[PDB]
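All remarks here apply to the structure that follows.
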Number of protein chains: 2
Amino acid sequence: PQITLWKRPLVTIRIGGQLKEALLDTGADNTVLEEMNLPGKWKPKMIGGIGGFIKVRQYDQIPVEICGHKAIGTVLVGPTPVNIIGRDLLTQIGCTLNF
Amino acid sequence: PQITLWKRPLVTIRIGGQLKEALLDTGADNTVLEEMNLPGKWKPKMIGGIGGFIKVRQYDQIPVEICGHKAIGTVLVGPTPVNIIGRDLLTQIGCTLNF
Ligand SMILES: CC(C)CN(C[C@@H](O)[C@H](Cc1ccccc1)NC(=O)O[C@H]1CO[C@H]2OCC[C@H]21)S(=O)(=O)c1ccc(N)cc1
């Protein structure tokens, strides 16, 4: 699809049977999701945003379905203001900026 | 143009004859630029993301050129680590997300 930006680019994602709302975020290198349980091993990591650094749990090779499009990659889970889909997964689904 | 997300979507902008590199950022509601001393009046605001909030100044109607496309709007200015072009100005230059 083509998505204009007069509103926030919020889409429904599927991740582990759960349906969540997430923001398509071309400004994020990495996908970061709000607090949730995911299966498998994870590693403690840190990531920085506009306001400073946070602690996150890194889960590897997690599938997310983003508007019908499949992605599988590394996901970070921690105190983000909203679920954000970054460039890591936006590239997987074929996403570009056009003007 | 069509802009890939393999790398950070950095483009050249011009504001008051300052040429800067800025991020085309669909996750950002509003444009925020690195600290600079613009003329004119402003209001103080706070914006939040990963790590929490920072304090910024919102200036009134400034022309900004983004890859040769004219925009004009309020802009936020403060201690952001990167220049960020938000939806407020992405809509003005005809930017969409496509996949
Ligand atoms: C978290 C979003 C909902 C909002 N952010 C825009 C976002 O694109 C920032 C924009 C950004 C980009 C770089 C540095 C700081 C902020 N990205 C970001 O925090 O991504 C993080 C996850 O991947 C990592 O790669 C980039 C930083 C990490 S924000 O920077 O906090 C922000 C909030 C409000 C406005 N008006 C403008 C920007």
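Letters A, B, ... mirror the listed sequences (proteins, then strands); counts begin at 1. We count ligands from 1, going down the list as the structure has it; atoms in each ligand are counted the same way. Any value given below was found using the heavy atoms of this structure, including those in side chains, with hydrogens, waters and symmetry copies removed. According to its header, this structure was worked out by X-ray crystallography, 2.2 Å.
Located at ligand 1, the drug is listed as darunavir. The chain in largest contact with darunavir (ligand 1) bears the name, in the PDB entry, of HIV-1 Protease. Counting only heavy atoms under 4.0 Å, the other chains near darunavir (ligand 1) are A, B. The single protein non-hydrogen atom nearest to atom 38 (C) of darunavir (ligand 1) is B:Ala28 CB, 3.6 Å, given as residue, atom name and distance. Heavy atoms of A:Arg87 stay at 4.0 angstrom or farther from darunavir (ligand 1). Atom 25 (O) of darunavir (ligand 1) has as its closest protein heavy atom A:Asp29 N, 2.9 Å.
Closest protein heavy atom to atom 17 (N) of darunavir (ligand 1): A:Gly27 O, 3.4 Å.
Contacts between A:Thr26 and darunavir (ligand 1) below 4.0 angstrom, taking non-hydrogen atoms only, are absent altogether. Selection from A:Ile50, B:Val56, A:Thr80 by nearest heavy atom to atom 30 (O) of darunavir (ligand 1) gives A:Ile50.
Among A:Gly48, B:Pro81, B:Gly51, the residue whose heavy atom lies closest to atom 27 (C) of darunavir (ligand 1) is A:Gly48.
Which of B:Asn30, B:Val82, B:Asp88 comes nearest to atom 13 (C) of darunavir (ligand 1) through a heavy atom is settled by distance: it is B:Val82. Geometrically, darunavir (ligand 1) and B:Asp25 share a nitrogen or oxygen pair separated by less than 3.5 Å. The PDB entry lists the organism for chain A as Hiv-1 m:b_arv2/sf2. Neighbouring residues of darunavir (ligand 1) under 4.0 Å (non-hydrogen atoms) are A:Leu23, A:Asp25, A:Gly27, A:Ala28, A:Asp29, A:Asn30, A:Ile47, A:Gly48, A:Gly49, A:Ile50, A:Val82, B:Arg8, B:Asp25, B:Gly27, B:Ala28, B:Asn30, B:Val32, B:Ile47, B:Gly48, B:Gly49, B:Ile50, B:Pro81, B:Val82, B:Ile84.
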